[PDB]
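Heading - rapamycin complexed with FK506-binding protein (FKBP)-type peptidyl-propyl isomerase
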Amino acid sequence: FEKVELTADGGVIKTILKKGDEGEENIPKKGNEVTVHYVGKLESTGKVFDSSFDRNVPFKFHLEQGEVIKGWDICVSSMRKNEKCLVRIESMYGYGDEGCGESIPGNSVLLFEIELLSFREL
Ligand SMILES: CO[C@H]1C[C@@H]2CC[C@@H](C)[C@@](O)(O2)C(=O)C(=O)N2CCCC[C@H]2C(=O)O[C@H]([C@H](C)C[C@@H]2CC[C@@H](O)[C@H](OC)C2)CC(=O)[C@H](C)/C=C(\C)[C@@H](O)[C@@H](OC)C(=O)[C@H](C)C[C@H](C)/C=C/C=C/C=C/1C
């Protein structure tokens, strides 16, 4: 499995589950609205905290605008259209010491599957 470090400290590590368009490297760019599916779980307890797959509602955000946690901007920036990946995001690139509400404690390593479906620009 194609497995790579997206930050030099190993804080964001991506394993490719299914290769996308690697032949033509069809990759989104900063500012593009991206459409993905995802599932997120805590590495510590294994608890799944969210799944757009189970909702069956694809998730949209603008890439590299700080709309999402840094490890996501870094991860999705590296994905080819139709790629499915597993990404491990250390707390510094996630929610840090604060965590996120009742579902994500402080100092949490996060594991997400992300599937890049589509992207667009105005
Ligand atoms: C119901 O489900 C939520 C998503 C939930 C929230 C809580 C968590 C556990 C989680 O379960 O997703 C989760 O799985 C998670 O950790 N995610 C979601 C998928 C992307 C990665 C991560 C994340 O960054 O969430 C994000 C995290 C929770 C908060 C941000 C982290 C980065 C930091 O820089 C931001 O500060 C600004 C805050 C939430 C989001 O991905 C969304 C889309 C973005 C916003 C809320 C903020 O960026 C915001 O600015 C204020 C905006 O500018 C936006 C686009 C305005 C529009 C109208 C709002 C859309 C809201 C959609 C929210 C929905 C689908």
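By the numbers in the PDB entry, the shown part of chain A spans 7-128. Header lists the method as X-ray crystallography, 1.4 Å. Both ligands and their constituent atoms are indexed starting at 1 by order of listing. The basis for the numbers below is simple: all heavy atoms, side chains too, and nothing from hydrogens, waters or symmetry mates.
In terms of protein heavy atoms, atom 4 (C) of rapamycin (ligand 1) is closest to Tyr44 OH, 4.2 Å.
Counting only heavy atoms, the protein never gets under 4.0 Å from atom 52 (C) of rapamycin (ligand 1). Here the shortest heavy-atom distance to atom 35 (C) of rapamycin (ligand 1), taken over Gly72, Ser109, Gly77, belongs to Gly72. Using a 4.0 Å threshold on non-hydrogen atoms, atom 64 (C) of rapamycin (ligand 1) does not count as touching the protein. Distance remark: protein heavy atom present below 4.0 angstrom from atom 27 (C) of rapamycin (ligand 1). For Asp56, every heavy-atom contact with rapamycin (ligand 1) shorter than 4.0 Å involves the side chain, none the backbone.
In this structure, chain A contacts rapamycin (ligand 1) chiefly via UniProt domain PPIase FKBP-type. Near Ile110, meaning under 4.0 Å from any of its heavy atoms, are these atoms of rapamycin (ligand 1): 9 (C). Counting heavy atoms closer than 4.0 Å to rapamycin (ligand 1), residue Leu116 contributes nothing at all. Checking only distances, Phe65 never comes within under 3.5 Å of rapamycin (ligand 1), N or O to N or O.
Less than 4.0 angstrom separates atom 59 (C) of rapamycin (ligand 1) from none of the non-hydrogen atoms of the protein. Considering backbone and side-chain N/O of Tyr101, one or more are found under 3.5 Å from N/O of rapamycin (ligand 1). Close N/O approach between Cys106 and rapamycin (ligand 1) is not found [any backbone or side-chain N/O within under 3.5 Å].
Among the atoms of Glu73, some N or O lies under 3.5 angstrom from an N or O of rapamycin (ligand 1). The proximity of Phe67 to rapamycin (ligand 1), defined as any non-hydrogen pair under 4.0 Å, does not occur for either the backbone or the side chain. Applying a cut-off of 4.0 Å to heavy atoms, one finds the binding site of rapamycin (ligand 1) to be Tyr44, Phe55, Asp56, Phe65, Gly72, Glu73, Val74, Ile75, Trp78, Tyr101, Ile110, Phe118.
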